[PDB]
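One structure is given here, and the rest of the page talks about it.
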Protein chains: 2
Amino acid sequence: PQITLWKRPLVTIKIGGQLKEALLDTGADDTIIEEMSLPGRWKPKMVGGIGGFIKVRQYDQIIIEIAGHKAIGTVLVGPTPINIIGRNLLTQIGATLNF
Amino acid sequence: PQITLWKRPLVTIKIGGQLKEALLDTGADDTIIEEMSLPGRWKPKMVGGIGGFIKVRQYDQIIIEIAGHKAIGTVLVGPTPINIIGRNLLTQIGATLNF
Ligand SMILES: CC(C)CN(C[C@@H](O)[C@H](Cc1ccccc1)NC(=O)O[C@H]1CCOC1)S(=O)(=O)c1ccc(N)cc1
């Protein structure tokens, strides 16, 4: 699709067999989702945003369905105001910005 | 142009007669620029994201040239770690997210 930006670019994602809403965020380097249980071991990671840094849990090789497109990669879990799909996954689905 | 997301989508902008580098951010509702002097009255506002909230000054009807494209709208000025071009101005230049 071609998504205009008059409204927040929200899509449905499927992760852990659950359906969730997420923001397509070109300004986020990584993908961060709200607290949920994911499989595997995690590593610590410091993530910087508008108000400073936070501590999140990094899970690798996670299967995630983004607006019907399947992707497999790194997902961070932590206290985010909204589920964000960052560049790491946007590239996997071949998303670009055009103007 | 067609911007791939392997790297951060930075562009050159012109605001208040100064040249700055900024992030084309679909996850940002509004544009936020690092501390600078702008003409006009302004209203204080609080903006939040990852890491909490920052206090900014809201300037209205500011003209900004985004990669050679002139646009007009609200600009928030404050202690942001990076200059962000949000949806309020991306729409004006006809930017879309495609996949
Ligand atoms: C958190 C989302 C919902 C909103 N933010 C936009 C996001 O694109 C934000 C942009 C940014 C990049 C680098 C440093 C600081 C900020 N990236 C972000 O947090 O990157 C983290 C998450 C994964 O990788 C690192 S915002 O900055 O809080 C914001 C809020 C309101 C306005 N009007 C403008 C901006």
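Each chain gets a letter, A, B and so on, in the order the sequences are listed, and its residues count up from 1. Ligands are counted one by one from 1 in listed order, and the atoms in each one are counted from 1 as well.
Checking pimozide, repaglinide, ensitrelvir, ibrutinib, amprenavir against ligand 1, the answer is amprenavir. The chain sharing the greatest contact count with amprenavir is, according to the PDB entry, Protease. Chains with a heavy atom under 4.0 Å from amprenavir: A, B.
Of all atoms in amprenavir, listed by their number and element, those nearer than 4.0 Å to a heavy atom of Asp29(A) are 24 (O).
Within the structure, amprenavir lacks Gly51(B) among the residues with a heavy atom less than 4.0 angstrom away.
Within the 4.0 Å heavy-atom criterion, the part of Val47(B) lying near amprenavir is the side chain and not the backbone. The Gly48(B) neighbourhood of amprenavir comprises atoms 28 (O), 30 (C), with distances under 4.0 Å to a heavy atom of that residue. Interface of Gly49(B) with amprenavir, defined as ligand atoms under 4.0 Å from a residue heavy atom, comprises 28 (O). In terms of protein heavy-atom proximity, atom 26 (S) of amprenavir is nearest to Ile50(A) CB, 4.2 Å. Of the polar atoms of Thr31(B), none of the N or O atoms is found under 3.5 Å from an N or O of amprenavir, judged by distance alone. Residue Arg8(B) places no N or O, backbone or side chain, under 3.5 Å from any N or O of amprenavir. Contact annotation: for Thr26(A) versus amprenavir, there are no heavy atoms closer than 4.0 Å. At a 4.0 Å heavy-atom cut-off, amprenavir touches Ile82(B) through the side chain alone. When only interatomic distances are considered, the shortest N/O to N/O separation between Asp25(B) and amprenavir falls below 3.5 Å.
Residue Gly86(B) places every heavy atom at 4.0 Å or more from amprenavir.
The entry gives the source of chain A as Human immunodeficiency virus 1. The side chain of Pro81(B), and not its backbone, has at least one atom closer than 4.0 Å to an atom of amprenavir (non-hydrogen atoms only; side chain from C-beta on).
Counting the atoms of amprenavir from 1 in the order shown, those under 4.0 Å from a heavy atom of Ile84(A) are 1 (C). Relative to atom 3 (C) of amprenavir, the option among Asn83(B), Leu23(A), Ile32(B) with the closest non-hydrogen atom is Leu23(A). Protein heavy atoms come within 4.0 Å of atom 34 (C) of amprenavir. Heavy atoms within 4.0 Å of amprenavir belong to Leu23(A), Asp25(A), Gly27(A), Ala28(A), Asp29(A), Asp30(A), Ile32(A), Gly48(A), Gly49(A), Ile50(A), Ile82(A), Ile84(A), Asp25(B), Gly27(B), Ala28(B), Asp30(B), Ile32(B), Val47(B), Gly48(B), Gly49(B), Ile50(B), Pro81(B), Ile82(B), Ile84(B).
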